[PDB]
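Model: Carbonic anhydrase 1 / ligand veralipride.
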Amino acid sequence: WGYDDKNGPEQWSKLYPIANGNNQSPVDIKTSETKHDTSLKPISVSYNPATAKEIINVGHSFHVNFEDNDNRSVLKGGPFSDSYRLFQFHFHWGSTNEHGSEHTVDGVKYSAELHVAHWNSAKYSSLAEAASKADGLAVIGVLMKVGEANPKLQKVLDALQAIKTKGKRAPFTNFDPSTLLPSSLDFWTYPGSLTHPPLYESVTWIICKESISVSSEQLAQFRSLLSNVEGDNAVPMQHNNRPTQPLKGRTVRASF
Ligand SMILES: C=CCN1CCC[C@H]1CNC(=O)c1cc(S(N)(=O)=O)cc(OC)c1OC
Ligand SMILES: [Zn+2]
């Protein structure tokens, strides 16, 4: 699977029939249809910079992984009763500044999106066990609006020169990715899925109301990553955003 026409979003259902499921992500958040939910608690993130582990070029994207052997780095509150353990963050982006985000808000497409990924360590003993469970996963999504350069992205962007081609991996240490979140943690939540194969319906989504900035040149750094292995012809990683999927009756709740 990929983001090519031959192996892309429109094709994923042939190998992963859940692609046409009732809980697929991402979605268009229509603000006139969201329901304020008084019981939603504030989002609580408490991440230990010593849990940052490595940065890896996975062909379609790059991932920053965290040590997830214990509860040093956790998400709590919002819609959750259980503690969720941080394991990764990554980005999605588009061929153009005009699109790139996965979620949209009242039909508006942002330039990129940050995903901070967690698994339910209260209920399950590993990411692999949690990944297919309705309550297994949690993602904080942040819409990225093209404008001013975002100095908080710097350590990440500086690291990409060491993982230029597919399969390249490097240490990535001493980083707290709560530094990337917006100052307001007002949020939408809905029950959803992984936005790429295997597309499991295992994700409680937390979408921040407030965007963060990114420059057109910072986005160019992401698109300059290469999907090919070292020594082959260069194939820039131009896009990795899935189109929005039908709500199929789900309710998007607002903390605000
Ligand atoms: C089940 C596949 C395991 N993969 C390899 C190791 C991490 C993972 C790669 N990334 C994802 O598949 C992945 C992607 C998202 S996303 N883009 O936010 O829907 C979320 C996630 O866990 C909340 C993910 O991990 C389960
Ligand atoms: Zn993602």
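By convention here, the first residue in the shown sequence is residue 1. Atoms within a ligand are numbered from 1 in the order they appear, just like the ligands themselves. Both backbone and side-chain heavy atoms feed into the values below; hydrogens, waters and symmetry mates do not.
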Original post:
Which ligands, or which chains, stand for veralipride?
Top reply: ligand 1
Original post:
In the entry's source annotation, what organism is given for chain A?
Top reply: Homo sapiens
Original post:
From atom 15 (C) of veralipride (ligand 1), is the closest protein heavy-atom distance below 4.0 Å?
Top reply: yes
**OP:** Determine, using UniProt annotations, which domain of chain A has most residues touching veralipride (ligand 1).
**Re:** Alpha-carbonic anhydrase
Subject >> Shortest reach to atom 2 (C) of veralipride (ligand 1) by a heavy atom, considering only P26, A128, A131, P198 >> reply: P198
**OP:** Return the option from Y200, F87, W119 holding the heavy atom at the smallest distance from atom 22 (O) of veralipride (ligand 1).
**Re:** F87
Original post:
Checking heavy atoms only, which UniProt-annotated Zn(2+)-binding residues of chain A fall inside 4.0 Å of veralipride (ligand 1)?
Top reply: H63, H90, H92, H115, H196
**OP:** List the residues that UniProt gives as binding substrate in chain A and that have a heavy atom under 4.0 Å from veralipride (ligand 1).
**Re:** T195, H196
Subject >> Contact (N/O only, under 3.5 Å) between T195 and veralipride (ligand 1) >> reply: yes
Original post:
Which other ligands or ions lie close to veralipride (ligand 1), meaning under 4.0 Å away?
Top reply: ligand 2 (zinc ion)
Original post:
Among the residues UniProt annotates as active site in chain A, which one lies closest to veralipride (ligand 1), and what is the minimum heavy-atom distance to the nearest 1 Å?
Top reply: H60, 6 Å
Original post:
Is atom 4 (N) of veralipride (ligand 1) in close reach of the protein, with a heavy atom under 4.0 Å away?
Top reply: no
Original post:
atom 11 (C) of veralipride (ligand 1): which of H196, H90, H92 has the nearest heavy atom?
Top reply: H196
Original post:
What atoms of veralipride (ligand 1) come closer than 4.0 angstrom to any heavy atom of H115?
Top reply: 16 (S), 17 (N), 18 (O)
**OP:** Provide the binding site of veralipride (ligand 1) at 4.0 Å, counting non-hydrogen atoms only.
**Re:** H63, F87, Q88, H90, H92, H115, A117, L137, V139, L194, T195, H196, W205
